[PDB]
K.L.:
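We have in hand a structure of ribosomal RNA 18S carrying paromomycin (bound form).
Here is the naming used below: chain letters follow the sequence lines, and residue numbers restart at 1 for every chain. A restricted portion of the entry is shown here, and the contact count covers that portion and nothing more. We count ligands from 1, going down the list as the structure has it; atoms in each ligand are counted the same way.
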Amino acid sequence: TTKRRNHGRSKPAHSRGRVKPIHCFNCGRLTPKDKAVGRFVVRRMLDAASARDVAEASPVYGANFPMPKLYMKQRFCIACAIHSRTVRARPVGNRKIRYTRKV
Amino acid sequence: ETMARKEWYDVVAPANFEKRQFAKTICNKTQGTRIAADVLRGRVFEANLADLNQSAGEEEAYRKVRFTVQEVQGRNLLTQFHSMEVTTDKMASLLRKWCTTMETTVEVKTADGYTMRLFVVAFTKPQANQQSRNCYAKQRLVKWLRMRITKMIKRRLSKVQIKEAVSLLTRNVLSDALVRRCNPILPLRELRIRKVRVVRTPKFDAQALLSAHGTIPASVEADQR
Amino acid sequence: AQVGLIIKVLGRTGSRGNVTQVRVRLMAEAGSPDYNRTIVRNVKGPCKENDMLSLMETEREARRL
Amino acid sequence: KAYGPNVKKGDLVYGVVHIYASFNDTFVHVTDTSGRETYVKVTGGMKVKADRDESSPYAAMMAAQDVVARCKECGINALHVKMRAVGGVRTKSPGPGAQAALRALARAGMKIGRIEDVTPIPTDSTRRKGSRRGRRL
RNA sequence: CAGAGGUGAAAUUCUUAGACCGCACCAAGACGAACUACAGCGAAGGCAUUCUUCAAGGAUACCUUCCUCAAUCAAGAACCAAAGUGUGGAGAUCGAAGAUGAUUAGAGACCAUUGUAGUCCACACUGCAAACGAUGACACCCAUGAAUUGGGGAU
RNA sequence: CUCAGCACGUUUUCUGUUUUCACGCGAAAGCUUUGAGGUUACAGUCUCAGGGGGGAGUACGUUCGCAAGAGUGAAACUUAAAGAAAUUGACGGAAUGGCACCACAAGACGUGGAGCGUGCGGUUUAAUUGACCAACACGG
RNA sequence: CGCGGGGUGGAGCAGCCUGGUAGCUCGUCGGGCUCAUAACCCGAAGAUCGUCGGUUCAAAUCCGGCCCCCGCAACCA
RNA sequence: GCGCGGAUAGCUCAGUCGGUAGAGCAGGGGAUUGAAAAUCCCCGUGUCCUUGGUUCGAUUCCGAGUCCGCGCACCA
RNA sequence: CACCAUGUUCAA
Ligand SMILES: *O[C@H]1[C@H](O)[C@@H](N)[C@@H](O[C@H]2[C@H](O[C@@H]3O[C@H](CO)[C@@H](O[C@H]4O[C@@H](CN)[C@@H](O)[C@H](O)[C@H]4N)[C@H]3O)[C@@H](O)[C@H](N)C[C@@H]2N)O[C@@H]1CO
Ligand SMILES: [Mg+2]
Ligand SMILES: [Mg+2]
Ligand SMILES: [Mg+2]
Ligand SMILES: [Mg+2]
Ligand SMILES: [Mg+2]
């Protein structure tokens, strides 16, 4: 039973032979780069309660000059993406939905 | 007590900058076999370029500049440009996904003797009416974006001195004149000199250093309170 | 200990549901530095909004949700 | 009583605080802006007795208050902040102690200059700890 | 200057002969992040910085040349991931074996600290993959709508 | 100026990697100009392998290899199913949304300790005449 | 045989006040948790210190004779 | 027999230089908890090896001596 | 992300 056409990974049949693996973001498991689920997070450094304390005590930072943030590009193992609930198991008809941009 | 043996010293930039005296520091008093003036004369001082030229606009806010100590005049640390670098928060926000990213490295030997790398990064953009999914680039054209940048920095910064070259790297005179000439090769979303480093230096001339500071702003910490 | 007023009850938290997540306004004396400051804190016991309570260390905020 | 430099009462003297939060222990380290001179280094494992609390944000907060106590003695009115995770080949996401350390310097009246994350990012990586199958839990 | 590390909690381990941290630098060996994707190249293994080079490869364009030269294949040839082997280098990091912690009823395992062979290069050998699209090669016919890569042609 | 340039827009067309979509096909899952279609209405060409599950990719023989091994490759004996795809259910130290004082929470009042009453087991005895959350002051 | 070592709760081992129902790990019991067993938790029991004498206020210890077990040696013509 | 160190509850150990003992840890209780290990809070507990000179007052000062370490000695 | 091993033979 082929659970999914493309077999879990972005490689088609006659395109690549292999893709060199990356380590998982927390597991450290080596999975191929096209297989491993990849999220680019734009996480702020401070919570909006905590950022308001720091922006008030800052000569630089205010409503005019915004505070920096973290830009890190996480890539996870498939065991690692389910367990951190980055990704979840979806119904059989619902598995083909593909999101091309961050919602 | 450890602050009982510390003397406050003041760090002066060269004459290019508006706020000359930045980043007050400490150092030990001289014991006698080791002098403070030799321990200080290799230190590197990182300062934001918006905290120096005193005219922001979120192009200077995202570059810090490093200065290395040449001469010690009492409480002043007479410095020279060590490196400049676009900060890590601005640089990671410039990458989008579906475009392409060219990274050039050019080795420049100035007319003073300073050898430097400049690490230019560039990014393609889509056009206004463009319906395509990606707008990548031909690798013939990214090698001529790279060839023209490498040719144009080795020509403009090999005539100049080092005070002039830092004034080219600051104020975006070099970068704006490098976007405009490299935009008819490929559509460029952003061309930004990412970091520049002084790699090798000429042998230390004292009169060439004092000329690079104009008038030293005369620190106030060989003092009574 | 500063006396803060519950202006919002954010729902029952914890595993067993005995702890309540509130949003407490600090109610200082209006010339103070930390006046009209609001904190998101965990309350143990039955708490409705507009219920004053004493706070030992007001500089902590609880992790929401 | 104050080993500060020669200025008025109003002037801001800057140092650079180096907040390093791991998931094991958080550091708060104040230097001179060259790094070559250290004013105070207070770590979160000096505030708590158990090793599991050393990474916690409350131990980062108490370590942040011990810094402000000495930085006033040294005459440091304001700070630039360089935050970092462990980086390199490791997890690159900042720990629990990071945002609570920074909030406790602003809450204690230390003026905050320019926030920057200087976590070590490789252009290409050495091989990371753990096997091909990674850490298994 | 008084602890760092590590964990689910720890303990092996490092540390007032100064660890961890912070700054600039140096050395050595690997590796080329983000960009990096249902993208390209290659017969398959496989291939990801740059610049100067060497011989090639396919596609496309063509009112060039050739004129059946082809298809597929026992036998026979040359390639073939990783581990492995031989001889020299290298030896940074990860690390089969092994050693210490711990968990456990036991733990010869997972987890932590290490650490040999190996990892990396040169020249030989091997020819064992979930070597996969679990789909032999070459032709033919075959409805539809988004896209995408390279070449060419119209505006 | 790698500049009679670069990218785009609308449209043609060849080559490549694909995608959600008509027949048809299949035991189904699924495949579908990229066939698993054009097949009992069964023949375009060539080629390799399979013949119930094992034993067994074993033994012997031989050829390669420095060795590890590799290629080739049985039988005696043994078995009545092994498999394949789907359905319905039950289960998960798998997600997700609910619920219950025969669950917890926050508490109350106790049982388990003691003495007795009574039921159950055992041991005795001529005999000490069902049930083991949903048996044990219950068969009134 | 000379010489040297030990006999200890059912098992394996300790034992420096000359002396704690003598101590340890395991086992045996009785109750819990479990649908049940194991693990786990709460408890309780069990010693002729091989044996006979003797030193002593008091002996597993201290001195003995015995019974066992286990070795070291057992030589050069 | 010469100099250095060690003796402080069962175990472990820093001392105020001559004004009264401390933490570490084990032993009995509540807390965590549904049940753990770890974590917490609470009640044991050392005449401070023997002697003196006994400084207002000796774990602390000082003079011998037993005990234990190292590095040194060496003619009945 | 502490630990969490197992349930005799046919038959209904
Ligand atoms: O070779 C092509 C063939 O001739 C033709 N039948 C075509 O089929 C489609 C066509 O599909 C492609 O749409 C692509 C654009 O999204 C386009 O590709 C082309 O893009 C242009 C811009 N870059 C060209 O410059 C480029 O060379 C070219 N590859 C088409 O190929 C549709 O656009 C039509 N609407 C319908 C046709 N049936 O596709 C063949 C290759 O795919
Ligand atoms: Mg492969
Ligand atoms: Mg474990
Ligand atoms: Mg290691
Ligand atoms: Mg009865
Ligand atoms: Mg069994």
K.L.:
Indicate which ligands or chains correspond to paromomycin (bound form).
P.N.:
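All copies together: ligand 1.
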K.L.:
Can you give me the letters of other chains with a heavy atom under 4.0 Å from paromomycin (bound form)?
P.N.:
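Going by non-hydrogen atoms, E, F.
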K.L.:
Give the residue list for paromomycin (bound form), heavy-atom cut-off 4.0 Å.
P.N.:
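Using heavy atoms under 4.0 Å, it comprises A147(E), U148(E), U149(E), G150(E), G151(E), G152(E), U12(F), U13(F), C14(F), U15(F), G16(F).
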K.L.:
Which residue and which atom form the covalent anchor for paromomycin (bound form) in this structure?
P.N.:
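Covalent, to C14(F) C5.
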